[PDB]
Asks: 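Notes on a complex, imipenem (open form) with Carbapenem-hydrolyzing beta-lactamase KPC-2.
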Amino acid sequence: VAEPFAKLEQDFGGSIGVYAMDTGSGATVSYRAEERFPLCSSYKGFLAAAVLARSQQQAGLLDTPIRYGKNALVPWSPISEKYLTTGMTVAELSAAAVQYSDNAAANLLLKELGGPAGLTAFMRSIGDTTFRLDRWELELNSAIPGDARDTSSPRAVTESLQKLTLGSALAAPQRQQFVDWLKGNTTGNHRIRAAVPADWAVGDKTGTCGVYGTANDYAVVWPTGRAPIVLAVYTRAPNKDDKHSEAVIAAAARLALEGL
Ligand SMILES: *C(=O)[C@H]([C@@H](C)O)[C@H]1CC(SCCNC=N)=C(C(=O)O)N1
């Protein structure tokens, strides 16, 4: 089982972490599934989930307009930047955070939740004890070896995604909104999506720290007429200038799906 992944992570020059779960059969694949990896932008899926969970207690939260100044803008905010003159609702910021990895939107939503500690508190509320977000955009992307900040494990990411997209953690309408946002993600076509047949529905959230060969993807997959699959592929590398590889993420994802 682990043999194909070790092979892959030695063509890549760094570490690959993989965890996949068949929700019907209960079969799993694990490879470095309990090691910590930098979240990079991938926490933004759970951010949107946390915002949805809070809207269950705070009616009208999703429609709340957030009017921000030019100061709220940080690099890689392609949606947020376009609406500087009108603002965006919490729901619009959430879709932007998920589907375009919009950094200003994420910081705005983090603020709504009480900062990185607020998001970590939400992940604890659903029983995730591994996840930790400690910093804001963009410092959380530093991905320095040995730093436990802003990390989780492939297994913890998979279990939390499972609880949120298929389980009871979100109420029924919020749960479908979360799934819909992941399904409409625009940044992951070359990662986990590239490993499934095009006739299978996929929702995913990517992460790309830009340094230390650190990039990732987690996804829910619906095989046609089949129980849904949940999986996470995370990578890192020892040298700051080591390049991440979308191909390696897709190859790792295919090995996980061909192995369940
Ligand atoms: C998140 O990981 C980073 C961080 C700088 O906020 C941004 C950069 C990118 S943009 C395209 C990356 N390539 C493939 N996805 C994303 C991202 O979508 O991963 N988030």
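Numbers in chain A come straight from the PDB entry, and the residues shown are 29-57, 59-252, 254-290, in order. When a ligand or atom number is given, it counts from 1 through the structure's own listing order. Side chains are part of it too, since the values below use all heavy atoms of this structure and drop only hydrogens, waters and symmetry mates.
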Asks: How close does the nearest protein non-hydrogen atom get to atom 3 (C) of imipenem (open form), and which residue and atom is it?
Replies: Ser70 OG, 2.6 Å
Asks: Near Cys69, which atoms of imipenem (open form) are under 4.0 Å from a heavy atom of that residue?
Replies: 2 (O)
Asks: Considering both backbone and side-chain atoms of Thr216, is one of its nitrogen or oxygen atoms within less than 3.5 Å of a nitrogen or oxygen in imipenem (open form)?
Replies: yes
Asks: For atom 14 (C) of imipenem (open form), which candidate among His219, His274, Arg220 provides the closest heavy atom?
Replies: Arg220
Asks: Using distance alone, decide if imipenem (open form) has a nitrogen or oxygen within less than 3.5 Å of any nitrogen or oxygen in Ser71.
Replies: no
Asks: Does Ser130, backbone or side chain, put an N or O under 3.5 Å from an N or O of imipenem (open form)?
Replies: yes
Asks: Quick check on contacts: which atoms of imipenem (open form) are under 4.0 angstrom from a heavy atom of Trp105?
Replies: 5 (C)
Asks: Which residue and atom name correspond to the protein heavy atom nearest atom 12 (C) of imipenem (open form), and how close is it?
Replies: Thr237 OG1, 3.6 Å
Asks: Looking only at heavy atoms of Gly239, does any of them come nearer than 4.0 Å to an atom of imipenem (open form)?
Replies: no
Asks: Does imipenem (open form) reach any of the residues UniProt lists as binding beta-lactam in chain A within 4.0 Å (heavy atoms), and which are they?
Replies: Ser70, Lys73, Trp105, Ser130, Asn132, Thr235, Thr237
Asks: Quick test: of every protein heavy atom, which one is nearest to atom 6 (O) of imipenem (open form), and how far off is it to 0.1 Å?
Replies: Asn132 OD1, 2.7 Å
Asks: What is the nearest UniProt active-site residue of chain A to imipenem (open form), and its minimum non-hydrogen atom distance to the nearest 1 Å?
Replies: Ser70, 1 Å
Asks: Only heavy atoms of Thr235, strictly under 4.0 Å: list the atoms of imipenem (open form) that pass.
Replies: 15 (N), 17 (C), 18 (O), 19 (O)
Asks: Heavy atoms only, cut-off 4.0 Å: how does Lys73 contact imipenem (open form), side chain, backbone, both, or neither?
Replies: side chain
Asks: Taking distance alone, with no angle check, do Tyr129 and imipenem (open form) share an N/O pair under 3.5 Å?
Replies: no
Asks: Let's see, which residue and atom does the structure show joined to imipenem (open form) via a covalent bond, if any?
Replies: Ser70 OG
Asks: Give, by chain and number, every residue with a heavy atom within 4.0 Å of imipenem (open form).
Replies: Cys69, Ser70, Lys73, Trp105, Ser130, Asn132, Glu166, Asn170, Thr216, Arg220, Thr235, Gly236, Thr237, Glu276
